[PDB]
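Pictured: Hyoscyamine 6-beta-hydroxylase, co-complexed with hyoscyamine.
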Amino acid sequence: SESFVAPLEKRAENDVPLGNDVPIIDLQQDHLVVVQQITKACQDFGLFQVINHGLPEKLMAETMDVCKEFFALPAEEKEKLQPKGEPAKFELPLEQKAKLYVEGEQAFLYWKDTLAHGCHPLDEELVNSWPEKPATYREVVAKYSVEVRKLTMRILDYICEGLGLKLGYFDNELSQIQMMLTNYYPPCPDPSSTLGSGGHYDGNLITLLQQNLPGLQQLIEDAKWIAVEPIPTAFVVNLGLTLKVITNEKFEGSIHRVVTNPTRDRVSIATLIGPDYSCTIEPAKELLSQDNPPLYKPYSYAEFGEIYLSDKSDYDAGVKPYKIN
Ligand SMILES: CN1[C@@H]2CC[C@H]1C[C@@H](OC(=O)[C@H](CO)c1ccccc1)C2
Ligand SMILES: O=C(O)CCC(=O)C(=O)O
Ligand SMILES: [Fe+2]
Ligand SMILES: [Sr+2]
Ligand SMILES: [Sr+2]
């Protein structure tokens, strides 16, 4: 279908090499070693994996199971999450009730269905707006949401120590939105022409990604793409464009994409943590000086969000209007 054909320059080459230099960070090393290894990965790559991360492996497996079970539901059930008979778009206002979403660039569509909902804070109103089926989705994903948030806040405090910010710097308005995106990539008859997910930064602060199958790729120097090895019991940590700005580019944001597969489907679980739409984003004043002048002026997260979700002329189109010095 023409609707899914990516522009020639954005098409993935067939043989992308494994990223052997993707850091795999054991969180059960000594505290300072973990801080140093995370700091180095954040400065150099903006993407790393965490293992022995304290989130139950059984819960990771049960969550991947119920997410796969959701995408196996019949059309009559999935229609209940399609407002006015079609998938929702990633556009503001981005509601926290569960919806199925379509995504692309303005023009082609990504070879992807995404279930998305808010996860924080957990109350009856929010969980009652989640999928009704499968029966155990709400029970399992409520537990998963809380555990992934706990691990994310641990990683943000490692990041604080690495940067020389006070512990809890991000335990406020900067992390108040937790969007869980369950991504379904069905088999594609022509992977040479399509993308599961176009190249992007995550616009938010930090993302934890759970995957068990290949398809995730990262952009490194000289327009080189590498493959991010799936470790089913690990989380991939992607630093967002918001953290790039707050660290005044001391940290890299992760530019990543997902390629399609001709033979098998793939489910990934992305937990996108970041600011409320009411937030003002700027480089952390604590880190600035005459030697480290701010590279961004303060901006509205809502204003950024509208650009980020619409303009894909460049990976950092969202923050281009706010660049200074
Ligand atoms: C693959 N796409 C990318 C990343 C996830 C998915 C959907 C969209 O990202 C979002 O909708 C997030 C939700 O927090 C967002 C929204 C406004 C500002 C900052 C971040 C773009
Ligand atoms: O499916 C994946 O591995 C990546 C998902 C993603 O990048 C996203 O949802 O933002
Ligand atoms: Fe992403
Ligand atoms: Sr429909
Ligand atoms: Sr309901």
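Numbers here are sequence positions counted from 1. Order of listing sets the numbers, starting from 1, for every ligand and every atom in it. Method of determination (from the header): X-ray crystallography, 1.5 Å.
Every copy of hyoscyamine considered, the relevant parts of the structure are ligand 1.
Using 4.0 Å as the threshold, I177 has no heavy atom nearer than that to any atom of hyoscyamine (ligand 1).
Close approach to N204 involves these atoms of hyoscyamine (ligand 1), each under 4.0 Å from a residue heavy atom: 19 (C), 20 (C). Entry annotation: chain A, source organism Atropa belladonna. With a 4.0 Å heavy-atom cut-off, hyoscyamine (ligand 1) is reached by the side chain of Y301 but not by its N, CA, C or O.
Taking each of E103, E306, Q178 in turn, the one with a heavy atom nearest to atom 21 (C) of hyoscyamine (ligand 1) proves to be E103.
Only the side chain of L94 comes within contact range of hyoscyamine (ligand 1), with a heavy atom under 4.0 Å; no backbone atom does. Those other ligands and ions that come closer than 4.0 Å to hyoscyamine (ligand 1) are ligand 2 (2-oxoglutaric acid). Scanning all protein heavy atoms for the shortest distance to atom 11 (O) of hyoscyamine (ligand 1) gives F90 CD2, 3.4 Å. Looking only at protein heavy atoms, the nearest one to atom 10 (C) of hyoscyamine (ligand 1) is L309 CD2, 4.1 Å. Protein heavy atom closest to atom 14 (O) of hyoscyamine (ligand 1), with residue, atom name and distance, is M179 CG, 3.7 Å. Using a 4.0 Å cut-off between heavy atoms, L181 contacts hyoscyamine (ligand 1) through its side chain alone, with no backbone atom that close.
If you check which protein heavy atom lies closest to atom 9 (O) of hyoscyamine (ligand 1), you get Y308 CE2, 3.9 Å. Listed by atom number, the atoms of hyoscyamine (ligand 1) under 4.0 Å from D202 heavy atoms are 4 (C). Near hyoscyamine (ligand 1), within 4.0 Å on a heavy-atom basis, the structure shows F90, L94, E103, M179, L181, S197, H200, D202, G203, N204, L272, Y301, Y308, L309.
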Between hyoscyamine (ligand 1) and the protein, give all atom pairs where both partners are nitrogen or oxygen and the distance is under 3.5 Å, as lines of names plus distance to 0.1 Å.
| from | atom 1 | to | atom 2 | distance (Å) |
| --- | --- | --- | --- | --- |
| hyoscyamine (ligand 1) | 2 (N) | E103 | OE1 | 3.2 |
| hyoscyamine (ligand 1) | 2 (N) | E103 | OE2 | 2.8 |

